[PDB]
Amino acid sequence: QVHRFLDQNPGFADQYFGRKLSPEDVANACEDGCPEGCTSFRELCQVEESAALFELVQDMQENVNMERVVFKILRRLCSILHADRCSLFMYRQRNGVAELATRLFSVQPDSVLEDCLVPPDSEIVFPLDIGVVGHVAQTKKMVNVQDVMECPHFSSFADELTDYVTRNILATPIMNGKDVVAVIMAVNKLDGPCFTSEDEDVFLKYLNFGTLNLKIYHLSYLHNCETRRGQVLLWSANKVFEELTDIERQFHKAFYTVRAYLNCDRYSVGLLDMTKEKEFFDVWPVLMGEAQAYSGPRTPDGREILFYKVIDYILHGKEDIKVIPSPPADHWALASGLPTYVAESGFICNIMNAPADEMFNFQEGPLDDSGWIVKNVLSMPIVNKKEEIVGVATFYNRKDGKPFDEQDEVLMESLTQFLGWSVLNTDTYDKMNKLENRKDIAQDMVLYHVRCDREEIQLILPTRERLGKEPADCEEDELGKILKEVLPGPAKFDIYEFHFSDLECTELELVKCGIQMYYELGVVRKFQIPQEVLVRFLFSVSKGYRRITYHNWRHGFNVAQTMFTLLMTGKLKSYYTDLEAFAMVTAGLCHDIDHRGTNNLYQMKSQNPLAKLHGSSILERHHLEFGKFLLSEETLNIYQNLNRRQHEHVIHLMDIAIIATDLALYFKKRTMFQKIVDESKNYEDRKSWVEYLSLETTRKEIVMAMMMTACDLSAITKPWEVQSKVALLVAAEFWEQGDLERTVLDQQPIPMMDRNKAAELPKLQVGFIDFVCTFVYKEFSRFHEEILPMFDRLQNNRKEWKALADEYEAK
Amino acid sequence: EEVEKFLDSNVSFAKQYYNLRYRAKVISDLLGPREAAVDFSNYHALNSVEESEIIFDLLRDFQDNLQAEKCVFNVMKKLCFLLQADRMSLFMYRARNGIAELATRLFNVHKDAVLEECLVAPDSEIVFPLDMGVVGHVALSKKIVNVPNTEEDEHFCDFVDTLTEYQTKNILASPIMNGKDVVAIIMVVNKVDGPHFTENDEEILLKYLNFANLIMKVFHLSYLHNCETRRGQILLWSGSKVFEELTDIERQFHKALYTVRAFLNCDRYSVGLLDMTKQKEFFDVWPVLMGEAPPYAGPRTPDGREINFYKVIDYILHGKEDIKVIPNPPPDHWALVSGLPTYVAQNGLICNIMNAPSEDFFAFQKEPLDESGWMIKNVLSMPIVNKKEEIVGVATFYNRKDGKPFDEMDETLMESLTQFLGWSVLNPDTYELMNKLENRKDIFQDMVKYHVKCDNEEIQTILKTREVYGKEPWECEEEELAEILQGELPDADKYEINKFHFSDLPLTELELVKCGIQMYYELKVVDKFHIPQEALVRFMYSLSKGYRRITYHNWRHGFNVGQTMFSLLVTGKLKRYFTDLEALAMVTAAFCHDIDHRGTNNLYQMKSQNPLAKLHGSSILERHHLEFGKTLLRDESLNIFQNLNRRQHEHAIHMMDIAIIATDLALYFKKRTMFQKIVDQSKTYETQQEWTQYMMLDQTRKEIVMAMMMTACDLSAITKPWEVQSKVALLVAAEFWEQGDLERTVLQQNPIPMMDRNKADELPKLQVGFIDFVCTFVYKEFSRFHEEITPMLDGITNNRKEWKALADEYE
Amino acid sequence: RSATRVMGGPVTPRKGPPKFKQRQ
Amino acid sequence: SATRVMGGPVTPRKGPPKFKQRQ
Ligand SMILES: CCCOc1ccc(S(=O)(=O)NCC[C@H]2CCCN2C)cc1-c1nc(=O)c2c([nH]1)c(CCC)nn2C
Ligand SMILES: CCCOc1ccc(S(=O)(=O)NCC[C@H]2CCCN2C)cc1-c1nc(=O)c2c([nH]1)c(CCC)nn2C
Ligand SMILES: Nc1nc2c(ncn2[C@@H]2O[C@@H]3COP(=O)(O)O[C@H]3[C@H]2O)c(=O)[nH]1
Ligand SMILES: Nc1nc2c(ncn2[C@@H]2O[C@@H]3COP(=O)(O)O[C@H]3[C@H]2O)c(=O)[nH]1
Ligand SMILES: [Mg+2]
Ligand SMILES: [Mg+2]
Ligand SMILES: [Zn+2]
Ligand SMILES: [Zn+2]
């Protein structure tokens, strides 16, 4: 009525409203003495706005009132901007391209949330280059359009879609510091030309509250998404490091555990073949035309894209997991062709509205039952550190019905990136198995060449000639009867004497004597050793030694024989039981068990695999290792009738005995044995000393460790005729290693290992006697007077070498 | 005047008109940078105007970037006036070491204060445990607490009153609650009106705590979001560096911690690695047991190891970045002086320390370690634990970059890092098992090489260099070696080595080896490729040793296959299609085809799960022989192809892989048709020369012909005269019956009639079935190909007649 | 009905070849 | 300062430390 009057006279309107108002109000207005707040109704607006705004502040405090609060704000934002409609477009990024999807649509002052909330399937999506929304979201600044027609970016998609036509548009981007959350637009109903500058200011100041609620909502969503990603990486890493397994088991474990955090209805993992070339017989048919060359898709590496396994996860209504060994081309995950396309390109694919996609074939309608249709898909390639795609992981409908956004893309990409990197744990697992298999084959190949077969065992047993049966078919009494008729007596080859010489015996005779030594100890009957195993083991040990100058089977028997004569003739058996004497003789036999003819120093210099495998005391750990390996075989296990306690004790002693043959350990523990000898002298008789030493374990080990050192160097104690010959074999082996160092390593060898200094052999032998041999035999002779013959002969040998050394000094 | 009456009569009509035009102006002015027009320098109840202005002023603080402390302080200043309280304070909720505490953030807030006078620095922090007075009571109660009269009403503390020389009688506090976790506690002390606080003040506090709750909610979410983002990056970056390579523990840990140094937000942090040795060797235990050295008495890890840091990695990020690795750190190392890493290793507990110098339990450095005065203020130490629940190392993190103590979020961040590192100890363990397994395999492979390679003593049985020249073979010239071999190698014509009826029965293995070298000579490949005579003799002798001493597949079978191939090239004239290089590899491949045959079938390797089966999924023994034959050829003393250039070597090898694998019968049955096409096409050429010239060019058909020629040679024993065949048969059947027995005893399976001893008398029937099914096609086509291989077809036809006669007798 | 007058699919004015993300 | 503490954070109760267990 009179509205046009007060429009044409702004001065009168300001003057009338500047008048104070009587206390009489119109409707409540929370009239706590506010009729004249510097304007007729400014205070009434002040109180009403404050009460309404404060109620909004209360609403944001609870939880998920985001949409409710924004809708109330837009309801109040209208009718103060006089906009016809107000809408909210949320910002999201997929495939690296930003989009603005509608969440709230036209909001009249009398609307309700149900009439304005936009379900995700009913939303309108805009990119950044279409419409004013893309203009607002790209420049991150306000846009005020006074006329839609003159706008250069306006899009009429929504105008024709609904029915409405737009004239004035006012939009802002709601800013979370650096990122964009949403865009709010107000449209038309200006009743004038356009939005004024006063509407420009009110829009920003009033919407700061909307930024607050949207910032809280955006932060809450970002915090939740990051929390899930952290747990995904933690749980995935937990299952990867549980054990070394193949790619199938490892991927199945990681994907199954993170099924809760992934938040997807279904997802399938397909594994690609890793073969690069084919064998010759697979290439021939295509070369002669019997078959056609491959014409399908190829990986960027050049492999034929073949899914050799597909792991299917179903979480829609019932947790069902399937593993398909040969997935056919009609498989639901593979029928779309997206996993094949991903393998072709290696690109991260995000699809919204799958049934409306024409690039791929998504079956419009329900899969399985319960009307499950594909709506949103996300697929990423699983790539190892070699930039090769090992699989494709496809993720299906989100559980809340929303399209896959940037946060989801980062979540699964991190999971696939982590699982792609952890293929190294599967490559190592395969190469683990091959190395283990190759080692086991080589062990069997060694075992055949060292074990005594059926034909060679008939040199000591002859069961065929005497009974006609194989040794495995003969009883123990029959085997014992034949061995008695074959094995030499104790009085034939001087096995009980310190002056035993092997130069008058053949290799077979040494083996027969070696079995005889076991019979004299009484360990065969006591521990129930099968005779066939004992004969096979001794013959196998003979084969184990190389055919080298000095450290050959004859040296191995000579050490064992001296150990046997130390126990029985030297009366050191008083401190040990039959089980301990069992281990010592066996450890003597196997102490140089494919000794290669070079010392530990050469192994370090030449970087032999022995030096790498064993840190220190190499070639004694190796001799211990191979000797144990031979005993582990069923047909060579002489300890196979010993219980767990006895077997462990014997194995423990063999470790001590064989390793103590190293001269470095003998030098370090030399004084420890001397104290033991001195403690013996403090006793009054051998009976009391025996009872004290036979119970101490550490003292017995040190004495027994020293027994090996005396046995190993026992060739020195031999009579001069034997010693002179043996010393030449030892020198020849040293000179052979001296030549090897000169040629292979281009190093000057020590005078001990120099062919040109062969005339210094007598002098060095005396130095060896005065430095190593003298201590052991002097104390053992002091310890037991029965070993005194060894010391007497050692001194005699030193006299002979000294005579030669002085003779060389003469010239 | 009339309009004045109309507006005055209808006051309501003037209202919405004012709302239509003068509402935007009011809102814009109020929300702008304006100060509340309320006389705060007084004490009275506020009407609607003043209440609205206070609300609007609090709304005006919701601008962007949300400075949390300033906005909360503004709410506090208003609450001072509204609540009529004297002072206000704020206590941030904090949790460290699993226990909760409250730390002062704003203190002594009155209505006439500024932010700087009330903000609390971390050094001036007051920390209150939850088990203390009103501050702790509110946090546990999670409800408004009104101490109405004095301090005699339970849970009151006097510390701050004595500390700040202040008196507190009236308290009204309320906690700021972020859903289910407490963020901060707001409190008032005293009340300058008289008798304490009424229920009105509690309502006022609840009304105006809405703004403070929103501000802290944003502040809490941003901190949580930042912490979770850092945890995701830490796990991802650590995973990337862990899986880059398979390295030891020190290198792997150094890479991971250095990469994530940006996200840790610490000034210094160091990692000390504990020794993992659980048991000492025997020689190191002896001195302790004998009293030479005292036993260990220091601290021990929970699993029972001596706490010994052998390596410490130090990271310094003060501003001059420095990373150091200290092997065997001294006990007075700056990180280890406090004893905290020792304490962590002893107990295995996560330790969080605030005010390190004031902590009397640990001897922390109270002096500035750096020249810039870098105090040690906050320390956090956690143990690194592998999957065996043992402690691998101790990770210690020093002062945070922001100066605040390590709260529960820092502990969680580093705990995930140490959990990830502790799990990733699996990779170094596999790397150590990697080197040991590889070295063990190489050691055993070298062991086989000795047992198979011919030595200097055995080579003299053929080369005889000592008898003729007196020198060793490696010293004699090539002409001298040729002259000896000419007088030693047998004459080709006399032995008929290039005939299809040659028999090895009246020859010894040494004569077979001499024959083999002669066939190499007769191909004129020794002089053309400059093959060294010593290597050629050593290679052939080692091939003799490589074949096992079994019934049929011994070295005699290997020579017969090799001899047949030599005859096929020479007598059969199949050399006309092949080059001299290929004929050299083809003959050599025949000699090595069944090299280390174990006397068992390929199917047996499947069933028994041999290490061969696991290593080669496909045709097994053919691949195993190929690998072993190459291994012998790689050795220097056995390398015949050592004088071939790069191109010729690969071609020679390539023929060796195809030829050896072609000996598999499964491959023959698939490609026998393609060979039929090749031989059928050979008849479409006018002259033999035309066909030959075509065959020299095509390589695929040359390979197929060679692959078939391996099959003919492998089964060539069937074409020998009936006298030779009658003994070769029942000599391979003996091998089959041995495998049949193995399957019965080992696999508890009934063998096929081919493998069955009980059907021995039925053998001739199977041979006819074998001839009519496998061998007939091989030689019928070859005889069609070349007329010179007719004797092979004549031989097998005669043999089938004899076998059929035997089968007829049995029926 | 929804205020956007769109049922059963999030329509988009942008018509063209879909663009897919590249691995980092 | 506001809390009248220059040196460092102060707590009313100073006893033996309590340490967190591993997960
Ligand atoms: C036959 C000619 C060699 O005779 C020798 C000459 C000298 C020495 S040495 O006191 O100098 N030790 C070597 C230490 C090195 C380094 C420093 C100086 N020195 C040169 C020992 C021997 C020696 N003689 C032996 O008969 C003999 C052995 N050694 C051995 C174990 C040798 C692995 N077994 N057997 C049976
Ligand atoms: C003379 C002793 C009888 O021995 C046989 C008895 C039967 C047959 S079979 O083909 O009909 N069944 C074998 C195939 C299996 C699988 C499919 C069905 N079938 C059951 C062959 C042989 C056979 N004879 C040989 O002389 C002979 C060999 N086999 C071989 C191995 C090839 C290096 N070498 N050599 C020289
Ligand atoms: N029917 C309707 N259309 C709107 C609404 N808000 C904006 N639009 C129009 O939809 C257009 C889509 O984005 P534009 O940038 O092209 O500009 C938009 C406006 O013209 C609304 O709340 N309802
Ligand atoms: N002395 C003092 N105490 C305050 C102040 N503000 C809050 N308080 C609290 O007064 C509380 C009284 O005892 P508490 O145990 O609850 O812990 C005390 C302080 O936290 C202040 O400005 N001065
Ligand atoms: Mg030795
Ligand atoms: Mg074979
Ligand atoms: Zn020895
Ligand atoms: Zn063969």
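Chain letters follow the order of the sequence lines: the first is A, the second B, and so on. Heads up, chain A uses the PDB entry numbers, so what you see runs 7-817. In order, the residues displayed for chain B correspond to 7-817 in the PDB entry numbering, which applies throughout. For chain C, we keep the numbers from the PDB entry: what you see runs 11-34, in order. The PDB entry numbering applies to chain D: residues 12-34, in that order. Computed from heavy atoms alone, side chains included, the values below leave out hydrogens, waters and symmetry copies. As the structure lists them, so they are numbered: ligands from 1, and atoms in each ligand from 1.
In this structure, the drug found at ligand 1 is udenafil. Ranked by contacts, the top partner of udenafil (ligand 1) (the one with most) is named in UniProt as Rod cGMP-specific 3',5'-cyclic phosphodiesterase subunit beta. With heavy atoms closer than 4.0 Å, the chains neighbouring udenafil (ligand 1) read A.
When chain A is restricted to the residues UniProt lists for divalent metal cation binding, none turns out to have a heavy atom within 4.0 Å of udenafil (ligand 1). By UniProt annotation, the domain of chain A with most residues touching udenafil (ligand 1) is PDEase.
Counting heavy atoms within 4.0 Å, the binding site of udenafil (ligand 1) comprises A/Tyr556, A/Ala733, A/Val736, A/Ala737, A/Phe740, A/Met758, A/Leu767, A/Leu770, A/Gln771, A/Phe774, A/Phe777.
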